[PDB]
Enquirer: 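Notebook entry - examining structure containing amprenavir.
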Amino acid sequence: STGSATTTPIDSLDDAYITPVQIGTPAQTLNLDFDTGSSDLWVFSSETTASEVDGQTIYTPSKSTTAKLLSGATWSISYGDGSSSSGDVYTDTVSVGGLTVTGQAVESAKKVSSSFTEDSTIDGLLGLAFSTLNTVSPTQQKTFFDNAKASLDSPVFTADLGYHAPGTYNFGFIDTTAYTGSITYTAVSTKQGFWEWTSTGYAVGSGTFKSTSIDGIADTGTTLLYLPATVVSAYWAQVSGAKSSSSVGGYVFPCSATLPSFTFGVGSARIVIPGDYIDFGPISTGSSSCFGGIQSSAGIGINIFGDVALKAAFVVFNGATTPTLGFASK
Ligand SMILES: CC(C)CN(C[C@@H](O)[C@H](Cc1ccccc1)NC(=O)O[C@H]1CCOC1)S(=O)(=O)c1ccc(N)cc1
């Protein structure tokens, strides 16, 4: 089997991407944030505290003939941005672009934190990291990909995110028309539960490529590119007037600047992020100070290859018995 679904930016800045998911019988369609850096599938629901729902589409398990409460199971998650959610758990039928899993754990939110309430475009998360990070207690649950894996033609999914445009998630096959050149595969460590790999270096604009190992995670759920402070300083030094602002929370730059590209290494291959991909616009409406798309990972504890980097590539999440990651230019 295979599946394919279109993923769409939530706004004009690519602040996140949403993908339609069918849940239950008859189907209930929710727009979820596919997140290769977490492992819970959770949704806004008829159980969510009413004051914490503001425009999201909700899952109502009592209207689904295939929903069954998973007795005694609860879940509670806290994310890297300080947001959180928690609730109870049903099993139900879940499909993504034609690919169906029966008995998927659907974690129904009873509480969500303010940043989820305030974002009316995201109805939940669909985690695609390793199931070792799933938070369901006392019986841990599997991700949608882990449940589908054995049925798929090949045990893979791919991410092809667009810059200011829609893109595609495919399950079970590699679309060889979607990239240029060849796919370079690189080794993965699953010890922390993430798609964790090692980049071979970087360059700023047309400058000299620096060979240096950069450990980090491939994360569709993170908007920006978070890298070591030495690397990020080298980038922004090439933008006149750019500086790190403690009060805003990162590097900002004059909106009048033209940004250089940023290249990262995958083995001997090279992925080029165009400068325009690194512009996230005015810090507040009407401001001439703009927020940068490359930021320091200091204080996170981990480097994160988020959407700013992933949308410049065709990315293969290979879930063979020894997982790997593949990157191609496009
Ligand atoms: C709800 C999603 C988006 C949560 N984030 C992305 C996730 O992939 C996030 C990535 C991450 C991993 C490790 C350390 C720090 C961050 N994983 C995460 O925290 O995993 C926890 C829960 C399970 O085990 C560990 S985010 O980083 O908070 C974020 C928030 C807002 C924006 N605009 C962009 C990113």
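In this chain, residues are counted from 1 in sequence order. Read the numbers this way: they start at 1 and go in the same order the structure lists the ligands and their atoms. Just so you know, these numbers use all the heavy atoms, side chains as well, and skip hydrogens, waters and symmetry mates.
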Enquirer: Identify the main binding partner of amprenavir here and report its name as listed in UniProt.
Expert: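 The chain with most contacts is Endothiapepsin.
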Enquirer: Residue-level breakdown please: for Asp219 versus amprenavir, do any non-hydrogen atoms fall below 4.0 Å on the side chain, on the backbone, on both, or on neither?
Expert: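 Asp219 to amprenavir: side-chain contact only, backbone stays beyond 4.0 Å.
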Enquirer: Give me the nearest non-hydrogen protein atom to atom 13 (C) of amprenavir as residue plus atom name, then the distance to 0.1 Å.
Expert: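 For atom 13 (C) of amprenavir, the nearest protein heavy atom is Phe194 CZ, 3.8 Å.
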Enquirer: Please state which protein non-hydrogen atom is closest to atom 27 (O) of amprenavir and give its distance, to 0.1 Å?
Expert: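 For atom 27 (O) of amprenavir, the nearest protein heavy atom is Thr222 OG1, 3.6 Å.
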Enquirer: Looking only at protein heavy atoms, which one is nearest to atom 33 (N) of amprenavir, and what is the separation?
Expert: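 Going atom by atom, the protein heavy atom closest to atom 33 (N) of amprenavir ends up being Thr223 OG1, 3.4 Å.
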Enquirer: Closest by any non-hydrogen atom to atom 4 (C) of amprenavir: pick that one out of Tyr226, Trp42, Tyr79.
Expert: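 Selected option, by shortest heavy-atom distance: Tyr79.
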Enquirer: Provide the organism of origin for chain A from the PDB annotation.
Expert: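 The PDB entry says Cryphonectria parasitica.
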Enquirer: Name the UniProt active-site residue of chain A nearest to amprenavir and give the heavy-atom distance to 1 Å.
Expert: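 Among UniProt active-site residues, the nearest by heavy atoms is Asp35, 3 Å.
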Enquirer: Closest non-hydrogen protein atom to atom 30 (C) of amprenavir, residue and atom name please, with distance?
Expert: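 Residue, atom and distance for the closest contact: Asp81 OD2, 3.1 Å.
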Enquirer: Of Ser83, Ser78, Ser84, which has the heavy atom at the shortest distance from atom 22 (C) of amprenavir?
Expert: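 When every heavy atom of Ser83, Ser78, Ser84 is considered, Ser78 comes closest to atom 22 (C) of amprenavir.
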Enquirer: Looking only at heavy atoms, is any part of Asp35 under 4.0 Å from amprenavir, and if so is it the side chain, the backbone, or both, or is it neither?
Expert: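 The side chain, only.
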Enquirer: Among all protein heavy atoms, pick out the one at the shortest distance from atom 23 (C) of amprenavir; state its residue, atom name and that distance to 0.1 Å.
Expert: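 The closest one turns out to be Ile77 CD1, 4.0 Å.
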Enquirer: How far is atom 18 (C) of amprenavir from its nearest protein heavy atom, and which residue and atom is that?
Expert: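 Going atom by atom, the protein heavy atom closest to atom 18 (C) of amprenavir ends up being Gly37 O, 3.8 Å.
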Enquirer: Indicate yes or no: does an N/O atom of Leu125 lie under 3.5 Å from an N/O atom of amprenavir?
Expert: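 No.
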Enquirer: Any atoms of amprenavir less than 4.0 Å from a non-hydrogen atom of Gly221? List them with their elements.
Expert: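 Answer for amprenavir: 3 (C), 6 (C), 34 (C), 35 (C).
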Enquirer: Is the closest N or O pair between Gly80 and amprenavir shorter than 3.5 Å?
Expert: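 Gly80 vs amprenavir: N/O contact under 3.5 Å present.
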Enquirer: Most of the residues of chain A in contact with amprenavir belong to what UniProt domain?
Expert: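 Mostly the UniProt domain Peptidase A1.
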Enquirer: So, at a heavy-atom cut-off of 4.0 Å, what does the binding site of amprenavir look like in terms of residues?
Expert: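 Counting heavy atoms, it is made of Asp35, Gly37, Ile77, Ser78, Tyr79, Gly80, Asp81, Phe116, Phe194, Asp219, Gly221, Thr222, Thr223, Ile300, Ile304.
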